[PDB]
Protein chains: 2
Amino acid sequence: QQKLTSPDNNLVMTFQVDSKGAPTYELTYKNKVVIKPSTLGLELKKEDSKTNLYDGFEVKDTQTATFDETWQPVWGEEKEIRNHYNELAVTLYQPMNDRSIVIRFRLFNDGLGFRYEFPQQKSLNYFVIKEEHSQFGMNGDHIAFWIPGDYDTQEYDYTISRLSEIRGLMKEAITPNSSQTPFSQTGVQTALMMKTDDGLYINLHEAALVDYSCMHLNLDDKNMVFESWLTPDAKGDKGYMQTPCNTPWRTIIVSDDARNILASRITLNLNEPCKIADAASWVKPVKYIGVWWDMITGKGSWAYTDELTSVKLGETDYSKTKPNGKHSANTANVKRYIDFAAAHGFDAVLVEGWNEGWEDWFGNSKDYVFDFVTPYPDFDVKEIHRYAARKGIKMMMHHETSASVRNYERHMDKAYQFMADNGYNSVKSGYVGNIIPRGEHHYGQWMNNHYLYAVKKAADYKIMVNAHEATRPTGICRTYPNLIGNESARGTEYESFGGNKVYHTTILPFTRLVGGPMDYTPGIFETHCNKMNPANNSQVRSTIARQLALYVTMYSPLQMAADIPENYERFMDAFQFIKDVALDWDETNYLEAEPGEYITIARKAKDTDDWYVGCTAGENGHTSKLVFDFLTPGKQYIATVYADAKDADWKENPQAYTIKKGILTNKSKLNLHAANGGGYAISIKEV
Amino acid sequence: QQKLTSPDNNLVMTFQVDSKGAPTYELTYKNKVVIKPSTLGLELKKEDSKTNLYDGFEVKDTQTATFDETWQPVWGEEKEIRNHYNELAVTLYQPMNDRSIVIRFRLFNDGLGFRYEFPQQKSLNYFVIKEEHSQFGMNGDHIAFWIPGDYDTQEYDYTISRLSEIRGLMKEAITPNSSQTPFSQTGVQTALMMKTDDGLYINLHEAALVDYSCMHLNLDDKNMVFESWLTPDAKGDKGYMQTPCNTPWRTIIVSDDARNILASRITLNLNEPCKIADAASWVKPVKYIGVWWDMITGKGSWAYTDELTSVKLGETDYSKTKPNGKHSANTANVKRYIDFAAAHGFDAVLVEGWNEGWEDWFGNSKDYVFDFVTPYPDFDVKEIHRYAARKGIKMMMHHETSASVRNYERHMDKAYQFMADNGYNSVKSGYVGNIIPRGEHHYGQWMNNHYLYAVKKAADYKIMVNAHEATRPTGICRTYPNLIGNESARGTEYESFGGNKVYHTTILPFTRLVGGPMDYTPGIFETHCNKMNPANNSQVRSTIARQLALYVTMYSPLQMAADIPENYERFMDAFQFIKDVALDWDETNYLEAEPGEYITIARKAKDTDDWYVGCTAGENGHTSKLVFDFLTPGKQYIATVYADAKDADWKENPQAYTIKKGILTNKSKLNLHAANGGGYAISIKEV
Ligand SMILES: OC[C@H]1NC[C@H](O)[C@@H](O)[C@@H]1O
Ligand SMILES: OC[C@H]1NC[C@H](O)[C@@H](O)[C@@H]1O
Ligand SMILES: [Ca+2]
Ligand SMILES: [Ca+2]
C-alpha cells in the first residue's frame, strides 16, 4: 500500500491494487473521508484481453518527488501563484498484455490531481478508448450544485439538490437548446461542486484537456460513486491515442472553508507553463461595450435584409437588397458606440452582424455560412477602423461560425489576416448549432482539437480569442494566455430569454470559473427587456448594484458593459463603478463565500494601491459585516459604496440603489445588506 | 404524356405522371425498349407529408429546346466535341406541400441524361435527402460488367455475369481492402456496362457529381430494376441541399455498336463549361516515370527508418535515426531517374516517400500523419529541383494523406505554396485508409466537396491534380481541366498484389473511363514481381506488347511508364513505343470493341499527321483484320508494329514480342493476333 501526504499533513491519499489488480485510491482530509476506495482504469475498443486497461495490474515501480516553485500568470486574480505538491508516480504492469501504464498523483494542501500516462512501448502504441473508468466515491448523500451532463451545451441553470435527488430532477433541469445531447438521467458536468454534511466543500473537475475528449460525470446513485464519462465521437468512440500520451488531470479540490475552493489554483498549476514567449508584450485585458444587446433582446437584427428566403455567399448581391431597418451593425451606429467607449475609458467595441450571411445563421446546418471577411453594405470596415483608432478604441472582431467547423478552418488564415490588416487584435468566436462535420459533438476530442488549433493559430497572429459555445476551460490559458475568455456556461444573454436563476452568480465562481474566466457580459441597468423590444417580457434577475458587483465577483480579464449607451446615460452615477473598476489584480481576498447564497471578494488592482469589492447574493439576500483590515496601515482611502437601497429587490425594485462616498482605513468596518438578487460594489482608492 | 426524341429519331423518351402522381419515364432505341417505365423522385429526411418528394405531382409547365454547339477540351480524345441534344423540362407541382421541382431531360443520338432541379421558393429552401429514388428498369436479364457497390473503394476486379447472377457472386467479388463498405448483396457501382440479348449495349452512370453524394445502383433482381442508392454520411443521411440547387445528371448511354459507347461524349457534354479562363496556358499532358514500383512491389520502402514503433511529427528527429537501407526516395537514386527521364524524352519524375511520416502511414487512423512539406534527411529538395530543371524535367509532387482529411486541408495552402516555391506544378494525391473525420465514407457529399476543393484551390496555384482513392470521375475535368487524373478503380498496383483479371483493360474503357481519364500506370516489362522482391510471387496478367497497347487503349493525358529504368534498359527496342507515343489527340477512331474481350483504337496525335494504334485482349486473345483507310490518301507512313510473338502468352511467355518496321498507306491491311492477355501497338508516322 502506498501513502502520499500533503505538504501540511492534512490530506492523505492511499493507493493499492485490489486482489484482481484493479488500481484503487482513497483520500482523506483532516481525518475525514473525502473519496472512499475508488477504482481507476480504462476500457479500450477491440482491435479479448487487450480491451482491458482497468485491472490485472501489479505495482512495478514507484517514484516520489516534491515540487515548490512560484510563477506569474500574464493576467489573473493575483500576481504570483505557488505550485507546491508532493507527488507519487506508480508504474503499473499488466502481465496478461505485457504492457505498462503510469498513474501520477499530485497532492496539494487543497486537494489531489491524478492522470494516467501511457509510455511508448512495444505493446502499446495506437489505441482507442471505449470508456474511461475513473471513480470518485462519495462518503455521503451530499448537496450538489450541478447542471445536466451534455455533449453539446452548458447553457443550463444550476440545480441545488442532494445526490439522491438528481435522478428525479434531471428531466426538469434539461431545458431547451438548439444543440444539446444529454447522456444520463444521473449525468452531470464538471466542475461539479458539493457541500457535505460533515462540513466539507468538494469540487470535482479536470485540468489540461488537450488531445482528449471532455470528461463528464455519471452518478451511481445507489453507491454514491461518480465516474468519468467521456464525450463520444460520431462513431461512439471516446478518444484516439498514440503513445507516449497522457490523459488530462482529474482533480478533487477540498476544504472545510468554501473560500478556499475559490482560492485554489490546482487547475492552473497542473497545466503546462506558458508557451507564448512574448505574451506579456501583447496579451492585455479588455474592458468593452458592443453592438450586441440590441440583437440579443430582439430590438435589432444581425441580418442586413429580411427579403430573402436564404442566401448564397458570392452569389447573393446584398447591394441589391432592401435594408430591413433593424440592422444595428451600421457605420453610424457603430461610431456612436465608439464615441461612448472613448469618452468613458473603455478599450474596445464589439460589433456583431457586420459580415455577409446572418440571414441564414441559425439552425440550418449550413456549411458555407460565413466567409468571415466580407462586410455588409452598411458596415464600412476601413472607416470604422480609422475612426476607432483615432478615438483610441480597438474594434473586437466577431466570428460566429454557426457551428460549421470545416468552413471556419478553411477560412481561418484569411480571417485572421483580415483582422491583422484592419486593426483587430481580439476576436469573439461562437459555435451555435449542431456541429458540422455532422455526427460530432461540441466537446469531443475532435472539436477540442479545433478550439485549441484556433487559439494556437491566433497566437501566431498575436490575436486574443474569446470562444463562446466551446468546451469549458480547464486551465489551458496558463499555456496559451491569449485565450482570454469563453462563455461555455449560461451567461447574461439568457436574462433576455426568460432569465437566469437568482443564485446563478453565487455558483459560477465555484464551478464554471474553475479552469478559466467567463465572458459573462454583466452590467444590465435596464433589467426589463421589454423596454428594448416590447415583445420580449424577460426580466434580468438582478438589482443594479448586483450588476456592478459582478465586475469583482465574476473574475475575467475580459469584461463587457453589456447594456446600450442610452441606458447607462440614465444611471451615470452608478456607471462610474464600471468605469473605475480594474480588470487585472495583484491580490485577491475572498471575504465571504457560500455556494448558492453569497460571494464577497476584495481585489487589489494591478500595480496600484487601490482595492475593489463586490458582493453578489441569492434569493434570501445577505448581510455583510465587512472588516477592512486588508488595507495598508496608516493609509487613507476614498471609498465609494454602491449598494441596494432599502427594499431594493431583483423583481419588484431592481433599480433602487444608493451611492455613499467617504474615507476608509484598515480600522474601518461597514455593515451592508444585499437584497434578494442584489449585491454591492465598493471602490477604494488610496488618497 | 410527353414525348422527346433524339435528333436522328432513333431514340424516344416518354414521360408521364401516373395515377398516384409519380413522375415516370421510359426510353426506346430503334423501337427496342431500353428503359421500361421507371419512376423518378426523392424521399427527404423528416424535419410527414414534407418528406415526400416522389409523388402527388402534377405537370404545371413544359419547355422544349434544341442545343447544337461544338466546344474544344483543353486535352482529350479529339480536338472538338459536338453537344447536340433535344431537351424537355417538366415543371412538377406538388399541391399537398405547395412546392415545385423541375426534371430536365436531354436526349442525344447516343442516349439520355436527366436531372432534378430545385428552384428557390417559399416552401423549399434547406432540405436533407433521405434517399433518391431514380429507377432504371431493364427489359431483360442482361449480361453486366460490374464491381461491388461500395462507399469506400473501387479497387475491385470486374465480374461478368447475368443480372440474376450478381447476388450469388457478390461475396466472392468483394475482396479485401483497407477501407471498404459494401452496402447490398445486389449493389453495384457506376458506370455500369451491360450487353443485352437483343444486341444492345447500355451504360448507366452520372455526370457532374457536385455538391451531392455519389450514386451507386441497387438491383431489384426479381423485377430487374436498378435504383439510385446514394452514399450516406456519418449519421446515415444522403445530402444537405439548399435551393436553388440541382442533382447530378443520370445517364443512359445506348447503342447497337459497342464502339459507340466508347465514342459517347454525353458525360462531358453534361458538365459546366471550363471555369479556368487561362487553362490552355498552363494545363498540359504529362508523361512520367517514378520512384514508385520499388515500394509497390516491396523491393524498397517509403519509410526512411525501421527503428521506430511510431513517429510524432515535429518531435521525432529523423537525423538521429538509422536509414533502413531500403529508402528509394534518396537524392542519388532520384537523380538516376531524372537522368533516365531526360535521356528518353519524359516530362516528369514522381517521387513517393520523400517526406517525414511514412513510418506510420498505414492503417492507424492517424490524424497528424504528414505535413506535406518536410523532406527526409536523404531527400535534398533544392538540389533535386536544380538538377531536374537543368535536365528539362519537372518533379511530380506526392501528397498521400492516409485519408486524414482535416489534416490535409489544414496544411493545403502551405503544401501548394511549397510546391510553387520548389518548382512542382503537378501533384499525385492519395486517400488510403478509412476517412478522418471518422464516420464519413470516401464518396459521400462531404468528401466530394473536399476533392473538388483541393482541385479548385490547386487551380488558383496553377497546379494540376491526380487524385488516387477519390470518388470516380463524372466529367468535371471539363469544368476544371487541371484535374488530369484519378485512380479510382483497380490499377496496375494490384498486379503486384496478386494480379488483375486478364480482361480488366477490356472493361475499364467502357466503365471507369466514362467521366475522365485514369492514371492506370501501365508499362510493366518485367511482369514477374519476384525479380523486384523475392517474397512477392505476384505476376502481372499481361504480355509486353499489351502493356504497350495501353498507352493508346487506356486514354489519359497523364501516362506513367511504371517499371524501373534497369528493366526498360533490358527491352529498349520495345520501350521505343512508350517514348514515341503521344498523350493528346486530334481524332480517335474506335476500330474494334467488345467489352471483356477486346478493344482496338487508333488515335491521331494532336497537331501532327501521325497515328498510334493499340489493341488489348482478354483470355482468348483476339484476331484483328486492320484496314488503314483512316490514313490520308496519297501519303506514305513509316509504321512500326510491336506485336506478340506467335507463342506469346501472359502467363507462360509474356516477354515474347516482335517488332516490324515498314511502310503503310491508306490501302494497307494487316492481320494481327493478340495472344491470351496480349495485344499490340503501332506507331504510324507520316514520311
Ligand atoms: O453569435 C451570435 C450570438 N450567439 C451566442 C453567443 O453567446 C452570443 O453572445 C452571440 O451574440
Ligand atoms: O501513396 C502510396 C500508394 N497508395 C495507393 C496508390 O494507389 C499508390 O499508387 C501509391 O503508391
Ligand atoms: Ca451562447
Ligand atoms: Ca490505390
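Chain letters follow the order of the sequence lines: the first is A, the second B, and so on. Following the PDB entry, chain A residues are numbered 22-68, 87-726, in order. Residues displayed in chain B correspond, in order, to the PDB entry positions 22-68, 87-726. This deposition comes from X-ray crystallography, 1.7 Å. Just so you know, ligand 1 is whichever comes first in the structure, and atom 1 is the first atom listed for that ligand. Computation of the quantities below employed the complete heavy-atom set of this structure, encompassing side-chain atoms and omitting hydrogens, waters and symmetry-equivalent molecules.
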Compound at ligand 1; choices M5049, 1-deoxynojirimycin, JNJ-26990990, 6-mercaptopurine, ethyl 3-aminobenzoate | 1-deoxynojirimycin
Which chain contacts 1-deoxynojirimycin (ligand 1) the most here, in the terms used by UniProt?
-> Glucan 1,4-alpha-glucosidase SusB
Note the other chains with a heavy atom under 4.0 Å from 1-deoxynojirimycin (ligand 1), by letter.
-> A
A:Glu532: numbered 1-deoxynojirimycin (ligand 1) atoms lying under 4.0 Å from its heavy atoms | 5 (C), 6 (C), 7 (O), 8 (C)
If you have a sec, work out which protein heavy atom is nearest atom 1 (O) of 1-deoxynojirimycin (ligand 1) and how many Å separate them, to one decimal?
-> A:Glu439 OE1, 2.7 Å
Contacts by heavy atom under 4.0 Å between 1-deoxynojirimycin (ligand 1) and UniProt substrate-binding residues of chain A | A:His437, A:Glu439, A:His507, A:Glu508
Minimum-distance protein heavy atom relative to atom 10 (C) of 1-deoxynojirimycin (ligand 1) = A:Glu391 OE1, 3.4 Å
UniProt Ca(2+) binding residues in chain A within less than 4.0 Å of 1-deoxynojirimycin (ligand 1), heavy atoms | A:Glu508, A:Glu526, A:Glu532
Nitrogen or oxygen of A:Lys467 less than 3.5 angstrom from that of 1-deoxynojirimycin (ligand 1) | yes
Is A:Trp331 in polar range of 1-deoxynojirimycin (ligand 1), meaning some N or O pair under 3.5 Å apart?
-> yes
Which other ligands or ions lie under 4.0 Å from 1-deoxynojirimycin (ligand 1)?
-> ligand 3 (calcium ion)
Could you say whether the N/O atoms of A:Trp341 and 1-deoxynojirimycin (ligand 1) ever approach to under 3.5 Å?
-> no
Entry organism field for chain A | Bacteroides thetaiotaomicron
How close does the nearest protein non-hydrogen atom get to atom 7 (O) of 1-deoxynojirimycin (ligand 1), and which residue and atom is it?
-> A:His507 CD2, 2.8 Å
How close does the nearest protein non-hydrogen atom get to atom 5 (C) of 1-deoxynojirimycin (ligand 1), and which residue and atom is it?
-> A:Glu508 OE2, 3.4 Å
Which UniProt active-site residue in chain A ranks closest to 1-deoxynojirimycin (ligand 1) by heavy-atom distance, and what is that distance to the nearest 1 Å?
-> A:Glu532, 3 Å
Show the binding site of 1-deoxynojirimycin (ligand 1) at 4.0 Å, heavy-atom contacts only.
-> A:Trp331, A:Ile335, A:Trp341, A:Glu391, A:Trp397, A:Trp400, A:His437, A:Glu439, A:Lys467, A:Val471, A:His507, A:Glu508, A:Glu526, A:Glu532
